[PDB]
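See below for the structure under consideration.
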Amino acid sequence: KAXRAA
Amino acid sequence: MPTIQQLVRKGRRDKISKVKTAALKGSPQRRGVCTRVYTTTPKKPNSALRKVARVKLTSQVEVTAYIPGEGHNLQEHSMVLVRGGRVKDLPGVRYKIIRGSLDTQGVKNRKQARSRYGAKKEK
Amino acid sequence: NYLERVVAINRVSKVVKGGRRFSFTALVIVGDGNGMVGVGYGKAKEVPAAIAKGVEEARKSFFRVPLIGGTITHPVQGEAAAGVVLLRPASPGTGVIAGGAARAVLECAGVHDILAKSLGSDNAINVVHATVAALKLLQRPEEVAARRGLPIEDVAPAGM
Amino acid sequence: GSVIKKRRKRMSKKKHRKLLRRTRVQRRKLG
Amino acid sequence: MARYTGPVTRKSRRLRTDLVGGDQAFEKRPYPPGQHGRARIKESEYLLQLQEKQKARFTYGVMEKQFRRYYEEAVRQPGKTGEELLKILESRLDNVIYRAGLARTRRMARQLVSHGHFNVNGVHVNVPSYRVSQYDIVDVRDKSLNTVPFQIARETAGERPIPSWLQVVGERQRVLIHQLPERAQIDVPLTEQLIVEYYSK
Amino acid sequence: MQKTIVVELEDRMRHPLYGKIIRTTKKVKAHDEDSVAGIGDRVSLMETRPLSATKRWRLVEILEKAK
Amino acid sequence: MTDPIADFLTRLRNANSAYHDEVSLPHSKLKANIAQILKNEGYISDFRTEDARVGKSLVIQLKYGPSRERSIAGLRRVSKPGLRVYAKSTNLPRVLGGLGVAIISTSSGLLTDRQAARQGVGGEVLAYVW
RNA sequence: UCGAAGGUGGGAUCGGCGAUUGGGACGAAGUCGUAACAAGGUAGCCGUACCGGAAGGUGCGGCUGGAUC
RNA sequence: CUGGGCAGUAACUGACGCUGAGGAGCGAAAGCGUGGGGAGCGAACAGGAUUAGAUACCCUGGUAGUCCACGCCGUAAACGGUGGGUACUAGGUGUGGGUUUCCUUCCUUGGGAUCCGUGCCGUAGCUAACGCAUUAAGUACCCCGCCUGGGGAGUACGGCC
RNA sequence: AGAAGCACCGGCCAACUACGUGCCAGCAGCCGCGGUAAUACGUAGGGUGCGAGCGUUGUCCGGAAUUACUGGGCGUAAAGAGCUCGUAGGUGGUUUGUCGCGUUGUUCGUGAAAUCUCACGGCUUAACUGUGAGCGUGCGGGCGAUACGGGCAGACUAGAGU
RNA sequence: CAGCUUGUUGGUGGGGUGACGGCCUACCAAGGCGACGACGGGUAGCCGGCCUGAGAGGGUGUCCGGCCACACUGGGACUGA
C-alpha cells in the first residue's frame, strides 16, 4: 500500500 | 513613509530579520548528546533517504541534524559537534554534524576534500 | 571599423497549436570609442541573423556624446520609461564603474572616468534605454552658451 | 483572476465563524 | 605570503603570453595552456581582468595579499591608480635590479637580492620588496665578488635597457634613481585599469 | 505655589538627521520672594542655586504684559 | 493655498513644457527680485512688472528661439515650508558644477552660487534652475 | 526614633508542566463529492443571518474584478 | 417645520485659512432588544420533482424577517478599488444651473464671454502596461492616514466596547 | 642539501576529460543533479584560486534604493481611515517698521592623547612605532548684517467668510 | 504599561551638611509630573573609539585609553585631606 496522504 | 513631519511623529523601523538558530544563543557550534538516528525521506522530487538524528544539545533541546558523508558509526549516542547549514529537502533539518570530531570518526576512503567529512591525508 | 559589445542573449517562444517556436535575440551595441554609439536589438531564429540585424540597427542610429576627454559634463539622472540610472562625471575618475552592460555601453563610447549605478529594474534592456536617455540629456558648455549669454564663466579648471 | 486574493480570506473567515457557531456556548463561553 | 616556485609555462601559456622568458625567448608553442587548452573559450570581464592581474602578479612575482596593500596605497594616492601601482611596483628592489639586467631571470635577481648579493646605501638587505626611493643607491656586496653573477652579469647587462628614471654606474652598479619611476611612460606590457576596476568587484 | 511661579520654557531645535526645525516646550520653577506678575506675561528668567525640587529659575524682569 | 514659490516655478514648468509665450502671475517682492536674477543669468527672457486692477502683476517671457528648443531645462525647490535648508559658505551647493545655479538668501540678499562663494557667506538655498 | 535580615498574610506580574481539546502546516500513488476558471452548466463576489459532513447552498441589500445586448 | 448649495452684486471684517493623530458624531441591507403590525414575498422548514446520491437548482406550501414606534451592534465593491485642500498647463464634443454680450429678432430665445457641476473623446506629459488626461493616474507645495513576501492572520494571548 | 599544502572546478563564479555509479547511493548557498552514456555524486587525471596557510560553520555591515533624509511607494501590483466634523500638534497670503530667537559670516575658548587622513622620519622592509600638519563634522562666549523663516507692533486686500 | 504623585508639591522656621538644597525636620498651603510619552516592564555599563559602508548611516563599544559602578550577599558607620 500508504504511510503518508496515501 | 514620506512626510518628514510624519517621520518625526513616528520613527522608522526595518523588517526584522529573524534569528536563524537556537544553537545556544547562536554560538557557532555545540555539543549534542546524539540520539535517535533515522534515515528519512525528503520531499517528492528527490527520491532518496537522508541520514539524520534527533539529538539533544546543551540547551536541553531536541533537534534534527544532518549526517554528512556515506556511512556512520552512531548508535543513538556518541556525542556530536553540531554546526549550521540547511537542506531545504528535509523540513525540520536546520543543523549538521561534523564527521570525524569528538566521537564520530571521519568518512573513510574519501580522497577529495580531506578537510571535510573528517577525512585525512593518507597517514 | 567599430567596437562590438554584446548583451546576454535571451530566448522567446511563440506558441502554436502544435507546440513552440523558439527564437533567439540579443541586444548588441557598437561604438567608435568616441561616443558615437549605436544600439540594436534584432531578433531571429538564427543568432547571427538577429545579431547582424542589431548591428544594422546600430548603424542606423548613433548618438554623439558631449564628452570631455573621456567623461561627461554634469551628473545625469537617466530616468527612462522603466529603468533608472544615475551617474556622475567623477572628474578624476581614473576608471569606469557602472553596472552590467552599462559598462559595455561605456566601452563602446570610449570613456575612462565614470561613476555610475543602476537602480530600479535590472531588466538589462531598459537599463540600456535609461543609459541612452541619460546621454541624450547631456549637454556641452558651448551649448549652454546658447541657452544663456556670457560663456566660459563656469566651474571647470580642466576642460582641454 | 484577482479574485484569488479574496478567496483565501473568504474561506478563512468562514472556518472561523463556523468554528464559533459550533461553540457560542459553555463550550467556549466558560473560557 | 611566499614565492610562486614553479614552472613558468603553466602561467605564461595560461595568460597567453611569455611573461618574461629567460634563456629562451619563448617556448615556441601554441596557445593551449594545458590538456584541453586548444578548444575555444568564452570570455568574461572577470576572466579577462583576472588574467591581467595575474600578469602583473607573476611579472613581478608578488603575492595577492601584499599586492592589495600596494593597491590600497595607490588608491590612497592621487593620480591614475593604475599608474600609481606601476610606479610603486617599480620602487621594488628586485624590479630595478632586473631592469638593470644583473641576472638571467627575475627569479635569479630575486634570489640574489634575497641572499644579500645587492646591499643598499649602508645595509646588507635581503628584501625583494624593499621600496627604493630617489638617491637610494644599491651597494654591491663585497662578499659577492669572486663569484659569477656580477661580473658575468655586468658583461651581460645589455639585455635589460636601464630605465630612464635611473642610472646604473656599472663600474659599481650604484643604481641611482634620479626621477620618479615612471614606468607608465615606458615598457608597459599589460593593462592597469582592468586591474583597478577588478579590485572594486 | 507660594513664592514661585510656573513658567513655560519655549525653545527650538532641529532633528539631528531630517533637520526640521521644531519647537521645544519645557517647564520651570520661577522661585521668587515677591510674585509681581499675572498670567500670559512675558518674563525673563535666570538660573541660580537650587532651593527646592531643582528651583533654578528666578524672576528678573517683567515685559510684554498680557492683555 | 500656500508656497508661492511652487506656483511661481511650476507655472514656468508648464510654459516650458508647452512652449507658451509668457507667464502672467501675481506680483510680489521676491518674485520680482528673483526674476531679475534669472534674467541676469540669461536663463529667462525679459519680464515685466505690470499692474492690472486688483494689485500688481508680473509677466515672464519664455526664453527660446534658436529653435523650438527652450533655454530652460527645469527646476526643483529644495527648502520646503517644513524642511528649511540653510548652508554654510564652505559646504555650499555644487549642483551641476557652475550650471545648476541655486538662489540663496543671505544677510545681504539674493544672489548666485559663485557670488556667494566669493563673499564667503551662507544662507537659505531656495531652489535650483538646472 | 530610625532601620537591615527574617516572619505572617494577601495581591500583581512572567514563565514551565498539564490528561484533554480545537485549529494550523507538511507528507508518490489514500476514501466520498466536484463548488471555482468558459455563461465552468444555478454567473461570480463583499458584508450580514440560518442550514448541511464537505466543497457549499439559501434569503434581504450592494459592486462589476459579470452573460446577452 | 427645517438644513445645504450655486450665480450676480462686492455692503462688512481683514488671514479669522487648510489639514487634523488621539477624540466626538452620521452611517444601506442583514442582525439584535422591547412593543406593534404582518398583504404579498420569503432564509429556515416540509413535501413533490430531478439526480447514482441532491439536506441545491426546479415546483408547491410555508416560519423568522421585510413594514412601523423607541433603542443596540457600527460592518460591505460603505469602490471612481483614486484622502483633503491649493495653484497651473492642447482642445473639442454633449449635458445641468444661473448670469451677461453680437446677431436684438437673425426668435434664437441661437452664437459668444464668464462661474460651478456633470459625461464623452482627446494634445502634451505621465504611466510596467492597461490607461489617465482642466473632474489628472501630468507639473508642484502643505497636512493626515496605510503598507514593506505569501501563508500561519487581520486570527490567537491580552485589553476596550 | 633541509622545509607545501588546502579548497574548488554545470551556471551564477576563474576553475574539466574520462572512469565508476545508475531516483539508489549521495551532493547542494539559489536554481538544483542522479530513473545504466551524471562535465553537478565516488575515484583518477587535468585545470583554476590562494598559499603555511587554506576551507567550513557562526555573527555584523554592505551588496538591499527590500524602512528608502540624502534615497522608495499606496488607480488594479500589499497599502487611502466608510464619511464628515473638530481639539492638541503641524502649517499658514500681500505688507510697513521692528526684535535678531533661528540661520549665516567673523573672532576667542572649547572640542585631550592615542587611534584615522596626509606628509616626513625610525625599526634591514612591512606591519608597527615616531614627528608634524590635518581631521576633530560639534558647543558656549564675543563680534557685524539682516535676506528668508520666526515673534512682537501695525496696515491693505484678492484668500477665506459675512 | 496612561493616570502617576502626600516628604509628593510650595512656603515659614530650625537643624544638619565640606555646601545651596523638604538633605533632614516642627508648623502652614495644596499642589507637582504627564501623550513635546508620567508611573511601570524588558533589555544594557557609557564614551574616545573598533568594523562595515561611497557617504549619509548601520552594527558595536572587546584590547588600549578616559569616565562610572561592584568586591561571598545585604546593611551601617568610624578613622580620615
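Chain letters run A, B, ... following the sequence lines, proteins first, then strands; residues in each count from 1. Should a residue be non-standard, expect its parent letter or an X in its place, and expect its extra atoms to be absent from the contact counts. Readers should note that the entry appears only in part, and the reported contacts come from within that part.
At chain A, the drug present is capreomycin. Of the chains near capreomycin, the one making the most contacts is recorded in the PDB entry as 16S rRNA. The chains other than those of the drug that have a heavy atom under 4.5 Å from capreomycin are H. In this PDB deposit, the label for chain A reads Capreomycin.
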